[PDB]
Novice: 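Structure of interest includes omapatrilat; see the questions below.
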Amino acid sequence: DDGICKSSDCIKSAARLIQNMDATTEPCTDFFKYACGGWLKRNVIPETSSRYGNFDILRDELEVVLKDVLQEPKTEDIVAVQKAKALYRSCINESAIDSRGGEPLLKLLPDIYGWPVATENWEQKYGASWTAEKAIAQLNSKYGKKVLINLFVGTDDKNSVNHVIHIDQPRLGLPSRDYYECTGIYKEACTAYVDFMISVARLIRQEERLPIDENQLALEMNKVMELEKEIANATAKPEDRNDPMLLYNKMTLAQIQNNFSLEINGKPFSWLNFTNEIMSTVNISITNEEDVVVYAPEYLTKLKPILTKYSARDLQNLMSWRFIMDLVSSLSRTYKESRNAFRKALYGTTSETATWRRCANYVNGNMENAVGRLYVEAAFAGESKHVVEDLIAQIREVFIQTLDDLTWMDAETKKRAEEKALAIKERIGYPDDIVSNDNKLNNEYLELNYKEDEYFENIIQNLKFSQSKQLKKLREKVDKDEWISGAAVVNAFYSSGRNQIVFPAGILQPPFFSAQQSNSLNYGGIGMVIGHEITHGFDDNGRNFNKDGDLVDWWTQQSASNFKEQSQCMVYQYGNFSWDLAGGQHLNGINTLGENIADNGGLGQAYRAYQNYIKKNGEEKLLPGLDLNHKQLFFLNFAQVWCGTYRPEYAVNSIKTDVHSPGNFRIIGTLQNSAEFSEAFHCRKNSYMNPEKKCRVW
Ligand SMILES: O=C(N[C@H]1CCS[C@H]2CCC[C@@H](C(=O)O)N2C1=O)[C@@H](S)Cc1ccccc1
Ligand SMILES: *[C@@H]1O[C@H](CO)[C@@H](O)[C@H](O)[C@H]1NC(C)=O
Ligand SMILES: *[C@@H]1O[C@H](CO)[C@@H](O)[C@H](O)[C@H]1NC(C)=O
Ligand SMILES: *[C@@H]1O[C@H](CO)[C@@H](O)[C@H](O)[C@H]1NC(C)=O
Ligand SMILES: *[C@@H]1O[C@H](CO)[C@@H](O)[C@H](O)[C@H]1NC(C)=O
Ligand SMILES: [Zn+2]
């Protein structure tokens, strides 16, 4: 007995670890290169990917399973499954889609008050009866597209069992407000955006047999850009939306009318009319004392002088465009190709992913429980669920025990933190009844009826369905049994309004987890993920919500002040990271703070749980071909979760839009703060990976 594990499962783990690492790099100088340098040398980002790495590879591999389970009818399939497969088949039939051209979009445009640039005599046909209230509400209520003013039904932050109407600033056509500077690194994207507008307007006019005036098209679409630039500059930055206590402003609709008046197309904007135009689609009446949560009061105030300068036509040119730009990829090849330069500018990709991949993901996104059922029956093992349950119990207890060691909280706040940690609701794998209750699964989709030659009608039906569902919830209680993710997902989640952590079946696989892989690897993989999600209940957002999901302050003044002091260290740390792929720009340490807190706390929680495991059960057998002990393998597996790279165009995008740090800096930043990492690899003091100053929250 040489002490070495020689099982097939140890062999597969060892081979993967060996192939990804670059042992010629000193781990204490750059652990990203040490852990991932072999992967980087062997791989090139595919033409269809904006990012590539071990996470993206797992998602690509999950898509293969979805293809296998969606593409073949089975006699015993229940109606829910038949519908998912029919939807899939409608999506992959490009011949049927191509033969329809843009006709499905042409049929639809009268229902959204047209697109003026592709309409003759727009003012007479649609301007005559146009109102901002009706035009915005139509896009919202029927198609789920929120333009200018984002009104939605969501959970009440301060009463987690109830729903309430929210009003917020809208999303933009470009990835973030920064893009609307339209200079330097943003210039290509802005140019491509307007060219994309022009190209689609041109295609529609061609198919409608209208004359093309290239100068007129450019005049109108550049006016769309000038309008959206003003909208973008009026929106609040993410850094100014990160305190949920300050974001929550509840007031009546009468208050909203008194305090946020708008004059659009020369008409006073009626908030009550706007709200009822939306809620009437689900037979719900609204009066002026309805409570509303306004997340963006400053934005509405800034919108007043903006919208007085624009006509109904100018607004509808932007409003319909924001919907159309989403639809062209559901039309014929000619319409699909109009997006090529825009896609390359935002993502760097030169080709769309395989049709069957896009379609598998589309069906999974819209029928998550039907596809989840098919996925787990094909790919998810039995006892896995129970093993992960036990790992969650260990890490939950480690979090609670660590509270005693934390010197920056008083006893009262620690007790409240333990209360919340004990109340976190765990969801593992999949909801049992997507497999065991056919009636319930069929009835979830009963109102959907797909036609296999009508992909466009199918996706439009799905837009209407999911928006009707959302709006109808206004007077209903929150369903505590609902899962915040489908099972066929390679991710994990935390919900502060439900105080719920979820680990879908899709993430319960190597490198994160296998009942047959070494425990060092499981703790460094899924163990860290579990701690990450629990720690989200206590990050700069989650800490503001109590055990029942309510936005209520349970912190003493001193402990809250200390939380900000401790977390400020990480704001500065990650904000000092320069990203070469993003042109040398610095990460946003405020926007990534929550995820960085979760990374740093979660890895430590997982490590301490692994130490307790060894205390109780003894050391594991070593892996063959690796001169690394199991403490070292714990950190190596953590790091290899994040092996990957980015296209420069997408790095410019993600550094502004991603609330996570890039994988390489999740590795460097977290391990820089870990004394245990530097103990395991015997890093000299003030080596790059072992700075004397270390940040710590949880
Ligand atoms: O870090 C997370 N999840 C990531 C998963 C990698 S990709 C990343 C970048 C793009 C935006 C976003 C997306 O997947 O859409 N995203 C995520 O959610 C947390 S919450 C869950 C998790 C934590 C640690 C290991 C594995 C999972
Ligand atoms: C694709 O759609 C066309 C037109 O409806 C139909 O004739 C053809 O059989 C479909 N192909 C498949 C593989 O279902
Ligand atoms: C952007 O918005 C701010 C705040 O309303 C304003 O002061 C500034 O002039 C705006 N910039 C442009 C270019 O409109
Ligand atoms: C909203 O106002 C319009 C007139 O601009 C009116 O035709 C419509 O019936 C109103 N809708 C509701 C729900 O009151
Ligand atoms: C970098 O770190 C220093 C030291 O804490 C801090 O003062 C500075 O603001 C940080 N810079 C960024 C961009 O985060
Ligand atoms: Zn996270």
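All residue numbers given for chain A refer to the PDB entry; the residues shown span 52-749 in order. Just so you know, ligand 1 is whichever comes first in the structure, and atom 1 is the first atom listed for that ligand.
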Novice: So, about omapatrilat - where is that in the structure, copies and all?
Specialist: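 The relevant parts are ligand 1.
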Novice: Mind checking something for me? Which chain has more close contacts with omapatrilat than the rest, going by UniProt?
Specialist: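 Main binding partner here: Neprilysin.
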Novice: Heavy atoms under 4.0 Å from omapatrilat: which residues of other chains qualify?
Specialist: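 Counting heavy atoms, it is made of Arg102, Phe106, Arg110, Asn542, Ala543, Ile558, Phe563, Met579, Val580, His583, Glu584, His587, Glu646, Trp693, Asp709, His711, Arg717.
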Novice: Consider every N or O of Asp650 and every N or O of omapatrilat, then say whether any pair is closer than 3.5 Å.
Specialist: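 No, since none of the N or O atoms of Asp650 sits under 3.5 Å from an N or O of omapatrilat.
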Novice: For atom 24 (C) of omapatrilat, what's the nearest protein heavy-atom neighbour? Residue, atom name and distance, please.
Specialist: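 Nearest neighbour among protein heavy atoms for atom 24 (C) of omapatrilat, to 0.1 Å: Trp693 CZ2, 3.7 Å.
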Novice: Does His711, backbone or side chain, put an N or O under 3.5 Å from an N or O of omapatrilat?
Specialist: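 Yes; the residue has a nitrogen or oxygen that sits under 3.5 Å from a nitrogen or oxygen of the ligand.
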Novice: OK, so UniProt lists some peptide-binding residues in chain A. Which of them have a heavy atom under 4.0 Å from omapatrilat?
Specialist: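 Going by heavy atoms, UniProt's peptide binders that qualify: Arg102.
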Novice: OK, so UniProt lists some Zn(2+)-binding residues in chain A. Which of them have a heavy atom under 4.0 Å from omapatrilat?
Specialist: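 I count these UniProt residues with a non-hydrogen atom in range: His583, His587, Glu646.
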Novice: Could you list which atoms of omapatrilat come closer than 4.0 Å to a heavy atom of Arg102?
Specialist: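 Those of omapatrilat that fall under 4.0 Å from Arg102 are 9 (C), 10 (C).
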Novice: Number the atoms of omapatrilat from 1 as they appear, then name those within less than 4.0 Å of a heavy atom of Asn542, with their elements.
Specialist: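 Matching atoms, with element in brackets: 3 (N), 4 (C), 5 (C), 14 (O), 17 (C), 18 (O), 21 (C).
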Novice: Which atoms of omapatrilat have any heavy atom of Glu646 under 4.0 Å away?
Specialist: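 Per the distance check, 20 (S).
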Novice: For atom 7 (S) of omapatrilat, what is the closest protein heavy atom, and at what distance to 0.1 Å?
Specialist: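 Here the nearest protein heavy atom works out to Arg110 NH1, 4.0 Å.
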Novice: How far is atom 26 (C) of omapatrilat from the closest protein heavy atom, and which atom is that?
Specialist: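 Nearest protein contact, heavy atoms only, for atom 26 (C) of omapatrilat is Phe106 CZ, 3.2 Å.
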Novice: Which UniProt-annotated domain of chain A makes up the bulk of the interface with omapatrilat?
Specialist: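 The UniProt domain in question is Peptidase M13.
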Novice: For omapatrilat, which atoms, with element, lie under 4.0 Å from some heavy atom of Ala543?
Specialist: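 In order of numbering, the contacting atoms are 20 (S), 21 (C).
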Novice: Among protein heavy atoms, which lies nearest atom 11 (C) of omapatrilat, and at what distance?
Specialist: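 Answer, as residue, atom name and distance: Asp709 OD1, 3.9 Å.
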Novice: Check whether any protein heavy atom sits under 4.0 Å from atom 15 (O) of omapatrilat.
Specialist: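 When distances to the protein are checked, atom 15 (O) of omapatrilat has no heavy atom within 4.0 Å.
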Novice: Enumerate the atoms of omapatrilat whose separation from the nearest heavy atom of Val580 is less than 4.0 angstrom.
Specialist: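 The list of qualifying atoms is 24 (C), 25 (C), 26 (C).
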Novice: Which residue in chain A carrying a UniProt active-site annotation is nearest to omapatrilat, and how far away is it by heavy atoms, to 1 Å?
Specialist: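 Going by UniProt and heavy atoms, that would be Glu584, 3 Å.
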Novice: Please report which non-hydrogen protein atom sits nearest to atom 19 (C) of omapatrilat, along with the residue it belongs to and the distance in Å to one decimal place.
Specialist: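 So the nearest neighbour among protein heavy atoms is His583 NE2, 3.3 Å.
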Novice: What ions or other ligands lie within less than 4.0 Å of omapatrilat?
Specialist: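 The other ligands and ions are ligand 6 (zinc ion).
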Novice: At less than 4.0 angstrom from any non-hydrogen atom of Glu584, what atoms of omapatrilat do you find?
Specialist: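 Omapatrilat atoms under the 4.0 Å threshold to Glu584: 19 (C), 20 (S), 21 (C).
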